**Q** 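I have a structure here, written as structure tokens, and I will follow up with some questions on it.
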Amino acid sequence: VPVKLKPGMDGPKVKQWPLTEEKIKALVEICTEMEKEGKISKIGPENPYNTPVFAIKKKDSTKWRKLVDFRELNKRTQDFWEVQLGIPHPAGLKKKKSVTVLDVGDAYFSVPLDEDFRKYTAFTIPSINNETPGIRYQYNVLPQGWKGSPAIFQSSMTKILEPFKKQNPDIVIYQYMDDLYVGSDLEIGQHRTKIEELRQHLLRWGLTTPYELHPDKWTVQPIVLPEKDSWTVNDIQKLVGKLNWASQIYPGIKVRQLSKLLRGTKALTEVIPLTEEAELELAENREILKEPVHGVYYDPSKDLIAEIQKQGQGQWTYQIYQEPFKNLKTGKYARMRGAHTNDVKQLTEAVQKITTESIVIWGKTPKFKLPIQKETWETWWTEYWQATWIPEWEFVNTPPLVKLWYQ
Amino acid sequence: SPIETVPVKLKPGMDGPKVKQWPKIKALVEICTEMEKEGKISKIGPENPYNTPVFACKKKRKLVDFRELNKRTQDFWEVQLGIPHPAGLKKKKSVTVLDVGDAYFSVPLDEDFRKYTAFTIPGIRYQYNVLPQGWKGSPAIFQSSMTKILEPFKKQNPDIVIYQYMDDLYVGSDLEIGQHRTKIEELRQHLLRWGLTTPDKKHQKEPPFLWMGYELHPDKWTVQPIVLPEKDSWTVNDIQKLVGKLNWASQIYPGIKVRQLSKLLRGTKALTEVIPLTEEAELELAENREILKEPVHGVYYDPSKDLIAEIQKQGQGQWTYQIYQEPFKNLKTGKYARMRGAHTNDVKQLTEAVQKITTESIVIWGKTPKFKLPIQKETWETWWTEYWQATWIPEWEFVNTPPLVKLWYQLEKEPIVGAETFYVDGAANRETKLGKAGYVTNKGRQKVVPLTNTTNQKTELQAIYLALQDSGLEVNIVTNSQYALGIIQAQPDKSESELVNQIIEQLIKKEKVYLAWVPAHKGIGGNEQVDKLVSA
DNA sequence: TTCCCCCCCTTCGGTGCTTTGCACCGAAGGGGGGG
Ligand SMILES: Cn1c(Cn2ccc(C(F)(F)F)c(Oc3cc(Cl)cc(C#N)c3)c2=O)n[nH]c1=O
């Protein structure tokens, strides 16, 4: 199956980051067995392309899996993935009841790769203390992580799934990267056995194949206003500021009666009694905020940007949007397991949850805007990652002083 | 003799270089004839008009000009990702350093590319039948051929450890030295089978061994003697050399500071002007020399133990770490003086240094050390919980030795009862580049000062400055500028701008400060008055 | 008529907002280590 780049772009030339000794000596013992059976073949200096590679541990299975950073090769061969053949997103998967995630990456280890293209899929296993130059490799069969591989294997996977899909059309099947989302309306007790049956059916096709996510629980959270009888001058100032900041996202927001309520240069602490006109205005504002935002629509041509804020006490907020100040979705994440362990962890599972939500709902990973310094992220994001995909991210430096989602 | 060729091509769209022919003819060919005796150089006819600028030196030496061919040769991946460091070498019982000679002259170049590396001495036109010296692809191709040759031997002998770095082999073993000489003999025989002329006894070494500024003794290591120049009239070039030498010597010498030595380099025009030193730079250089006066040594690695990377603060954005495995027996010593960002405090610099040490140690040894930071756990908790980023430090203990890093001032979270409230604002015209900064308190007191060559952000910070000047111990400043509040919220210690520095100097003295932001040009209490004042 | 690898500081330009100043990051110039 011929594969081609987008004309006018150089191939992937990304450098390999240093790795822990455990990861390096697991990568070596995986790559040896991969090379023995023809999956990867060594290469010499003449190949000028390289992509990162690092070892993760999925679901703490005590074993090691190999990820190859393909975020640039995909950006180059997006034509082979979005023009040649890309599976459309099933619009009914947004409203489903329960979805399970499976991996069919090993099923991609049989299709031979394009003879000319292999030289682009080269990676390098480093060495501790630079003892020996990094052992290079290139792929001979379809790689697990490159968006060209689902495009090539789409027809084969569809032919695999046709019997099970025809027998059970109720479940909805989606495929992103080498991961499969299976969405059932059955009961929780029988859904697991049905998924085991699907796995056995996949096995019966000669391809080996190795979680009960519930999409329906994902709803846009409403932004809230404070409410108390004794409104101090400082709190009224904060409320006016929040109304001003929300005036962009909600056109109907009006803050005028509270502006007339603050005329004199009064102290921030002394209690200023709030009249009935301002009470009516607050009630009307809360009535407006009761309704969802109006005017947001999804355009597949544009790209998704997901912004993350940290509210402290192990709480994070995320906003997925395409056009600024019009959030396509808002949320909040909270887990006490990370805080007992780490803090970059909390962010890592936050990113995984957001990207899984966006794949299930929209059908593509967002571009993240992490609230973390680049060095402390690139150093530690590999110790907790467990999803075979890697979304694009950019790092922010200006503090988001607004933080009015949770005041 | 036989080494398998490697495909080599050129960047698409052009042929090889062709520089004008140059008009030695017999005396220099005698040297080249010896190369033609072995087969390093071949005979090229007139059907290969490609040419390169010839050049001959007198060795104390064909330094061929390849720059056009070097430019148009295809991209070769740089597999050498670093440099071996002595601190990561496991203590070996027997060692032997082999320096492979005639390295680039014994690797055959691909027949297709041979015609491009031409040479003109008029007749007879030369071409490099082997890997040229100074060519782009020579290092990578030679290193990969060396790896391909050496892999079977390493598979045969697992206990032998061989470090390769370009054209040099370093072999170590837990075997007895009598058996180690034997094993070196089979290594040499295997290498010579492939045509590499490894020395037998001429360049083989016994302890101490020598490498790049690295004296390696049987159970230690050190840098080769760093002689710091002594002179009375220092130009910028001597300062640059000093800084480089001190940076190199800091790998094992503890307590090195080069910030004030480098600060003299700022503002210089050319590479010849003489910059007189200050008292700070002179004192720092004298201290560096007088700590460099005695010999210090490192130690080798030992996988049976755990690394411990202490950190100390040497004052005003300088940190030092001493990675070690046994107390008072260092493995490595460093320094972190890089200051990124125009507004940071000490905890941010400490966590930056921690990440740097983590990545260096992952590069060198393979596992992250167990830090001993000079910061109290409660201070780290206070910093990381109430901050808007995701800061982590891997695993650490506390070092109770001053100077100690801590947060300086704590902005209050809620408005404070009974204390004064100031409403500050500044405004600067875009064109005239002149403005005014002022404030209105709750008591109706209003104070304003014109300012020259200060923009909106500058005059807002000066309004903060006046508010902090004229208030008491406790105060509530209310602003309408996001930039000012952002600068003051991050709790900086020092800043490149002096205005932020004096603002921090006042925030240190104040007992309790609270800052609240209100929108601008929207009529919120005292904003109307403090904007009317600056609207005149 | 020397090619690169790697580290450190300093200056310049791009870049995105904070919006026309200001604060980031990377890429270039000196040094160091030689291979
Ligand atoms: C001195 N020494 C030691 C230390 N040691 C341990 C292993 C190796 C190995 F063969 F692996 F390269 C050594 O060879 C090297 C490696 C490098 Cl980067 C530079 C130089 C130089 N000049 C020599 C080595 O020096 N252990 N026991 C003892 O006496």
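Reminder, nothing fancy here: chain letters follow the sequence lines and each chain counts from 1. In each ligand, atom 1 is the first atom listed, and ligand 1 is the first ligand listed. Determination method: electron microscopy, 3.7 Å.
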**Q** I'd love to know the name of the drug at ligand 1.
**A** doravirine
**Q** From the contacts in this model, which chain binds doravirine most extensively, according to the PDB entry?
**A** Reverse transcriptase/ribonuclease H
**Q** So, around doravirine, which other chains have a heavy atom under 4.0 Å away?
**A** B
